[PDB]
Undergrad: 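This PDB file has motavizumab in it.
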Amino acid sequence: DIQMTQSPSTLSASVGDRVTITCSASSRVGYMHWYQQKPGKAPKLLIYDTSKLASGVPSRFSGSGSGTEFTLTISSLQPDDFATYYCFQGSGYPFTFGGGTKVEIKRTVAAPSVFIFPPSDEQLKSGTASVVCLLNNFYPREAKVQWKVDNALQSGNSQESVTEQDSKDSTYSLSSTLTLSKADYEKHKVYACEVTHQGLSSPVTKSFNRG
Amino acid sequence: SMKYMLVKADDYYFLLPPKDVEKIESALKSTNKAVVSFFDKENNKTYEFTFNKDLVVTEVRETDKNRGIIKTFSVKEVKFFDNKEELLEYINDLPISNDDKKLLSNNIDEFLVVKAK
Amino acid sequence: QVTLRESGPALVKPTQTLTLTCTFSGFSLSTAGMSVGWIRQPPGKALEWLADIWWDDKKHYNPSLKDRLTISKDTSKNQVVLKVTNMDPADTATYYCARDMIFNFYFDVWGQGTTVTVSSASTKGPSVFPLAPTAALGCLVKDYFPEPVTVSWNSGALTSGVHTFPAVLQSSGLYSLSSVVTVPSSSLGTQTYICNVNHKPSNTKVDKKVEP
Ligand SMILES: [K+]
Ligand SMILES: [K+]
Ligand SMILES: [K+]
């Protein structure tokens with residue numbers, strides 16, 4: 001059984017950098033094969049037979065290696081190259097992949113644009129309030145969203161979902177949902193969203209008043 | 001129309017490309033016995049094959065640079081193929097590695113030597 | 001080109017048997033050298049090869065899914081079937097079929113993949129609520145099971161600024177996600193904005209108009 005250790009596990013490089021990923025096999029292998037998987041999508045064959053470019057793959061990608069040591073290289077890293085990369089062997093059953101390598105693009109810092117949405121009347125009819133907070137496009141990925149109801153910090157009643165790195169401007173997006181009952185929601189007036197980000201010199205708060 | 005040939009001697013398999021097979025077919029139309037030399041590019045080894053008029057191989061041997069014998073093999077099996085497909089089906093059932101099946105499938109043209117697994 | 005598409009259930013009760021179907025085109029599993037294999041990927045884990053079949057009717061399986069894998073082919077129907085018995089939550093994954101060749105022991109073309117969740121819970125369609133308002137607006141797809149859900153904007157004519165966030169699993173046991181888009185603030189009240197929500201596991205299709 002041929003096992004394969006991929007390295008590094010995670011990598012952040014600027015656009016134009018030269019990215020190198022290494023695959024170390026547990027035994028000698030005739031050829032190494034490389035795949036690129038954007039998130040939620042299916043793998044795409046990048047390099048085959050150790051050093052052969054698949055048809056339609058940019059010349060920026062190349063591969064090298066022999067025996068138990070193989071490498072995948074990106075000459076000029078482009079924003080669309082955000083993905084997870086996998087080394088694959090077909091030299092022996094069972095076919096095995098590598099652990100994968102997450103390649104994140106580093107760019108200049110950008111501040112989040114904050115929007116707040118009150119719960120729709122339709123959802124209020126059914127007795128549940130969902131207040132949503134959008135952080136839109138920002139870099140880096142790290143950000144703090146604090147929910148405030150009548151100036152009271154909320155905890156345990158919110159869930160956030162961050163988007164995968166955008167394959168065009170290398171930014172992220174965050175969405176925070178604060179779920180309250182219709183009884184609790186209609187007992188408070190001001191609903192606020194406080195956002196702390198590196199690109200923000202001071203925390204930005206967007207809010208609304210019921211009605 | 002073409003003829004593919006696969007020869008198992010000792011525990012090695014030898015793939016004989018059509019073009020060479022046709023040359024032997026013509027030579028045996030005019031003579032009774034043929035001794036053909038085959039160059040293995042990958043391993044840089046030379047082998048002399050002896051065919052009878054029925055195109056079975058009588059003896060297989062490894063040669064030097066002055067047509068000299070280094071090792072003699074015992075022919076175990078000889079198999080002929082009318083098209084590439086039947087050859088591919090045999091290769092997939094051969095006791096060789098996927099790296100060897102990959103070689104034989106992509107290089108019908110060259111004299112190829114692979115080992116039993 | 002060469003196309004492969006997988007099909008099967010999005011929900012499988014535990015200990016039951018999963019049946020997936022890969023329908024391909026652009027090639028024949030009767031042509032020599034041709035092969036088709038199955039590969040799966042649990043949420044946020046590495047790819048694991050499962051099985052493959054060849055034109056010569058030879059079949060290989062991953063020794064880890066022992067006594068649980070069975071693969072067959074119908075060359076007339078141009079499809080391959082994979083059967084996995086005794087389904088279990090650890091088998092929740094996106095399942096992918098792909099083409100292989102004796103000429104190249106690698107998968108050159110893949111299917112889009114089908115998500116399969118092993119759960120005792122039943123299917124629940126989503127409820128879509130508007131995120132009314134450069135301005136941002138959106139749609140709140142809430143309380144659905146199982147994954148996936150697809151959200152389009154104006155039948156794909158609107159693509160810029162659209163963000164469909166990954167789904168979050170609420171305490172209820174149901175999934176929820178939001179889909180927003182940033183548009184010129186002046187286009188509100190003048191341009192129509194409709195989100196096209198689709199939850200195939202529940203055969204639910206909703207087109208909600210978002211308005212100020
Ligand atoms: K990883
Ligand atoms: K014999
Ligand atoms: K069949």
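In what follows, every chain begins at residue 1, and chains take the letters A, B, ... in the order their sequences are listed. How was it done? The header gives X-ray crystallography, 2.9 Å. Basis for what follows: all heavy atoms, side chains included, without hydrogens, waters or symmetry-related copies.
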Undergrad: Please list all instances of motavizumab by ligand or chain.
TA: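 Every copy of it sits at chains A and C.
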Undergrad: At the binding site of motavizumab, which chain contributes the most contacts (name from the PDB entry)?
TA: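 The chain with most contacts is RSVF-multi-epitope designed scaffold.
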Undergrad: Which residues of chain B are recognised by motavizumab, taking any heavy atom under 4.5 Å from it as contact?
TA: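 The heavy-atom epitope comes to B:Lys84, B:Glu85, B:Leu88, B:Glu89, B:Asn92, B:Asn98, B:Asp99, B:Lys101, B:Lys102, B:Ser105, B:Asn106.
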Undergrad: Can you check which residues of motavizumab are in heavy-atom contact with chain B at a distance under 4.5 Å?
TA: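 By heavy-atom distance, those are A:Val29, A:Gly30, A:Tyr31, A:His33, A:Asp49, A:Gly90, A:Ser91, A:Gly92, A:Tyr93, A:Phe95, C:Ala32, C:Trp54, C:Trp55, C:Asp56, C:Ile102, C:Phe103, C:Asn104, C:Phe105, C:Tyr106.
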Undergrad: Please state the name of chain A according to the entry.
TA: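 It appears in the entry as Motavizumab Fab light chain.
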